[PDB]
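By convention here, the chains are lettered A, B, ... following the listed order of sequence lines. In chain A, numbers come from the PDB entry; the residues present are 1-302, in order. Using the PDB entry numbers, chain B covers 1-306, in order. In what follows, every heavy atom counts, from backbone to side chain, and hydrogens, waters and symmetry copies are set aside. Determination method: X-ray crystallography, 2.1 Å. Counting starts at 1 for both ligands and their atoms, in listed order.
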Amino acid sequence: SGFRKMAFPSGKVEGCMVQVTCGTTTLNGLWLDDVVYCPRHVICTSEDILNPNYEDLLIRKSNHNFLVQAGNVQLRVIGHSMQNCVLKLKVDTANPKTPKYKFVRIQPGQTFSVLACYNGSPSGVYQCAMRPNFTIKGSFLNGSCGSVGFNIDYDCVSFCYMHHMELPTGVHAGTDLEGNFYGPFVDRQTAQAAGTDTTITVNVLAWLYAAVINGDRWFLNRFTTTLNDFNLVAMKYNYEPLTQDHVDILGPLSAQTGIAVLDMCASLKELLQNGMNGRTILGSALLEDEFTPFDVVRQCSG
Amino acid sequence: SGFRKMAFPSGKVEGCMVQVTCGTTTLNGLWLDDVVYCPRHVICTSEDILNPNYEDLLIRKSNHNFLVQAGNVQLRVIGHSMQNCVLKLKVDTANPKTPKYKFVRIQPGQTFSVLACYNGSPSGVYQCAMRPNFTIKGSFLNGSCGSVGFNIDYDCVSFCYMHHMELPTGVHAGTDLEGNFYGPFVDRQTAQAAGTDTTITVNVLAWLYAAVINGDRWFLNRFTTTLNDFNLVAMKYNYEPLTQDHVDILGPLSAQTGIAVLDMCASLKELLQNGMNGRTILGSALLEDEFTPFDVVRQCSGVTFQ
Ligand SMILES: Cn1cnc(Cn2c(=O)nc(Nc3cc4cn(C)nc4cc3Cl)n(Cc3cc(F)c(F)cc3F)c2=O)n1
Ligand SMILES: Cn1cnc(Cn2c(=O)nc(Nc3cc4cn(C)nc4cc3Cl)n(Cc3cc(F)c(F)cc3F)c2=O)n1
């Protein structure tokens, strides 16, 4: 029983974190095989941040401008290339701690664990969701760049996020491991603002199914709804519209609980018009949206 | 900026998790040097667990009954003994991934990370607080026994918790690494209920500081109070008393933010009576009591753990 926001064990990723220094800039790098991945803005200087010409600054660089440190062992950069917004440094030793891994681009609503790192030393691990506006509500201090977000599946580590910047609103923006940003953001110090955020409706429904599995009983109702009537109400509360794809994803949870998806949608609808009247669901008095339908199945009973 | 529930990087502990099997019972073990630690209830049958004599159950068992699985390599038990509610299995090989470690016992309100495992395979990590009633609000499914709770200081892993059982109310109970239970529980199949829990007050104030550091400042008032006046109100609302030691611990947060604790207690005092009036603090609609003052300083000052 119980229900906690749970992160993945971070050991496989801890063995890959290194320190990348270029000039005075020091951030974290992800060391897989004989390549260290890190945000390309590490080659920028105080002046080259508002409008950096990264191709010009990199063709500009020699391998011995980069200092890579795995613990007290300085790796030797033997080559450096750029792929979109990630820098790739070839090093002369493959990381013997490299796990089975792949690079995956995730979609808004998907969750992942983030290993916060400073000077290449892991500091803590937590759970995140890719917001519908392509930001993440992280916990990051200066020097956290290069920290990665991941999932683990049968000792295979899917890397799906690398941290680059903090936006004015306090949220954070990053890329996948191929250097493509999530969202309309760029690795520049120019004026940048994220879209208005919305609640991941499919995740809340999943969480509500998790409450019933754990026996929570107070929010459901005798009502059902049409997909369009629900979406009409939800959008008026800054909730993401729900598509038939989402309804399909919830299928297994609905099957396990004997509560149809559109029945539960009617329960979310009522919850949005009444509130929760002092009560809580799985210990929360707000609706949680950082549990996917996959997560709910993994952590909950059967 | 930002603020999250954060656990210690679990890697040092992951290299110590093994699967222990006794008969049909199978749970997790902690492999440190040439000893494997796990709950003693593994030697129990579905009826001996109702009322056992762990003494006699143990001595009757032999070494080859304990299947100690380290991933897939099998470990050879060359001895076994008890220490309170934790069983100890001596194996022929010392764990080469053994971290710099010690066994500590924590107080209520102190936090730790938990590495939930199943069949010796680490599955997820999360951050707990020992509740005042000596339970922890965990997320465990069957197979989780032997999952361990720890803290990391520099390169030292401090093991402080081992999971044993879930209570009928859903919360969880276990021992320190020396077998001593946390709270008034026994490792037996009987009717056991959790005592009435309370709010870790010093952790709520520490969380309010984290909110201020993140610029969430609406709850700050203008008033100040006294420990007496606060604690009189706090007892009514099932809040833990705030001691003089608690105030000194909030010292650095106080000086970093310009908000003297007791001034902060006035804010928490108001929040306790008037509620939050449809507002939120760090996005949460409840007062968060699972962040210690050191937790807050650690997370807002970037301290790493190698
Ligand atoms: C508060 N916060 C939360 N996450 C972040 C991420 N982040 C960061 O870690 N560092 C940044 N600037 C640097 C300055 C340096 C000074 N020295 C000596 N070394 C430095 C290294 C960095 Cl990496 N930034 C700012 C930033 C980073 C970018 F990648 C970008 F495109 C624009 C930016 F304004 C930062 O956001 N900070
Ligand atoms: C859902 N949940 C989450 N945490 C818990 C605690 N807990 C547990 O995890 N396992 C238990 N019995 C086992 C049966 C097994 C059958 N096989 C094949 N392997 C098994 C392993 C275990 Cl560990 N129990 C029961 C239990 C064990 C005790 F030590 C005790 F004092 C009281 C109890 F009710 C359990 O509570 N469940």
Next item on the list: Provide the recorded name of the drug at ligand 1.
Entry: ensitrelvir
Notebook entry, point to check: What is ensitrelvir (ligand 1) bound to in this structure, taking the chain with the most contacts and naming it as in UniProt?
Noted result: 3C-like proteinase nsp5
Item checked: Neighbouring chains of ensitrelvir (ligand 1), heavy-atom cut-off 4.0 Å -> A, B
Check: Which option out of A:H163, A:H164, A:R40, A:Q192 puts a heavy atom nearest to atom 35 (C) of ensitrelvir (ligand 1)?
Finding: A:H164
Next item on the list: May I ask you to identify the nearest protein heavy atom to atom 19 (N) of ensitrelvir (ligand 1), giving residue, atom name and distance to one decimal place in Å?
Entry: A:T25 CA, 3.6 Å
Margin query: Tell me whether ensitrelvir (ligand 1) is touched by A:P39 - counting only heavy atoms on the residue side and a distance under 4.0 Å.
Written below: no
Next item on the list: Check the entry and name the source organism of chain A.
Entry: Severe acute respiratory syndrome coronavirus 2
Check: Which UniProt domain of chain A holds most of the residues in contact with ensitrelvir (ligand 1)?
Finding: Peptidase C30
Next item on the list: Give the closest UniProt active-site residue of chain A to ensitrelvir (ligand 1) and its minimum heavy-atom distance, rounded to 1 Å.
Entry: A:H41, 2 Å
Notebook entry, point to check: What protein heavy atom is closest to atom 2 (N) of ensitrelvir (ligand 1), reported as residue, atom name and distance in Å?
Noted result: A:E166 OE1, 3.6 Å
Notebook entry, point to check: Would atom 28 (C) of ensitrelvir (ligand 1) count as contacted, meaning some protein heavy atom under 4.0 Å?
Noted result: yes
Check: Out of A:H41, A:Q189, A:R188, A:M165, whose heavy atom sits nearest atom 33 (C) of ensitrelvir (ligand 1)?
Finding: A:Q189
Margin query: So for ensitrelvir (ligand 1), is A:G143 a polar contact partner (N or O within less than 3.5 Å, distance only)?
Written below: yes
Margin query: Would you say atom 14 (C) of ensitrelvir (ligand 1) makes contact with the protein, given that contact here means a non-hydrogen protein atom less than 4.0 Å away?
Written below: no
Check: So which heavy atom in the protein is nearest atom 10 (N) of ensitrelvir (ligand 1), and how far is it from that ligand atom?
Finding: A:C145 SG, 3.7 Å
Notebook entry, point to check: Which chain residues come within 4.0 Å of ensitrelvir (ligand 1), judged by heavy atoms?
Noted result: A:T24, A:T25, A:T26, A:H41, A:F140, A:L141, A:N142, A:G143, A:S144, A:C145, A:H163, A:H164, A:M165, A:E166, A:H172, A:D187, A:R188, A:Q189, B:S1
